[PDB]
Amino acid sequence: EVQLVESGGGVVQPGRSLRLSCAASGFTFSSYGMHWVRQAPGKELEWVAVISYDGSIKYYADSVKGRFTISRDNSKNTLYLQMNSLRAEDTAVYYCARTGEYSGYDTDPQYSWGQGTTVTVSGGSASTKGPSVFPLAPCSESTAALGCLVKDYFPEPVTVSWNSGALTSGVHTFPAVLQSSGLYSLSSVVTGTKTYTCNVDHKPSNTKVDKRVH
Amino acid sequence: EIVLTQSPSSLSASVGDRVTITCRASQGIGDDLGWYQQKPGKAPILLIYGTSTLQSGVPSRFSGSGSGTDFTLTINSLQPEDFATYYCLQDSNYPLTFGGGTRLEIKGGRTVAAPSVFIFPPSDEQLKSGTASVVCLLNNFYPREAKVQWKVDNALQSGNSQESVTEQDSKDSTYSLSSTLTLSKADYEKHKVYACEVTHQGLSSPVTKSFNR
């Protein structure tokens, strides 16, 4: 019967505001300290706000200090989070929870939080650039070398496999370098008879390129 | 999350030595700490759980101690099969967090290795977009200090190249470096020979790999 239903998420332009709500039932709401937790893409759980059981004390994460405001109504069994001056880092799935970061739980507490509510700050794609893959072959047995040049993409990361993951021995995938243009570049090389194809995966642009090196 | 700090980071030993490895937690984790062994090309294997309880099949020379914050793994009389990477793991709080790891390596293993040098011309596909990238790879060398000079028509290049190095390999403990010379296609056309000169202590004298456009 314990339930905590989030609402209020949606798309919001950067710099503007959005308010999230949380309806609580199945427990004595005025007897629990409430939290707002969020999970951004590629990042772990982040506790952004907490309010005491009576509403007197409100602590925030440095990530959201001075922009977010948590409140509660112990007569309506509701929890609120007023998000002002929203940035790209605020794009995340937001949860309403009773357990804090230092709860001591050994099991993923998000499993008891449901779907939550999704906040999407627009504009997180203008700088996204897909990579261009170029072959690396010497100018005319196991003593040669081939590779792929993954150039001009943004942002990080890019991952590379070879022969759909079948080739592993001898592969050296170098850390990506930052070019003068602000875009990144990565080189992956392999040190025969079989064919050699690099498989480049860049999820920010949803790019999947199979480039065979001749 | 809970941060586990291992000490030391690396350890060069010989067969039969006594070795101790410490793991300190950001907060109390009680008895919920385990020690794991990872060999190259394999996942970490559980050796000791509950700070001190040996897993079935683990030799008696492995032992663990500590309670709360500071934890210690002790390998008495090292064997050839014990040289690997060791991690401490806490399952007290979500999420499960590993230590930084302790590489226990042989003493007579970091021998000098000469870099195999290869030079790659720019692809025909990249040339039709206004840019031209020349790649030079230094493969499997030790130690990490290497010098890569770019020459075009015997003229020294600078400020137009970028380097990137792999971390120490887990199997042979060697390094690899990649250098990229980035030119415009017009500037790539006005020149013929493109050389990559490599200076490393494993070579008697610099090794130069070159090609002609």
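Below, chains carry the letters A, B, ... as their sequence lines are ordered, and counting in each starts from 1.
- Lab note: drug at chains A and B identified as CAT-192.
- The deposit gives chain A the name CAT192 Fab Heavy chain.
- In the deposited entry, the molecule designated chain B bears the name CAT192 Fab Light chain.
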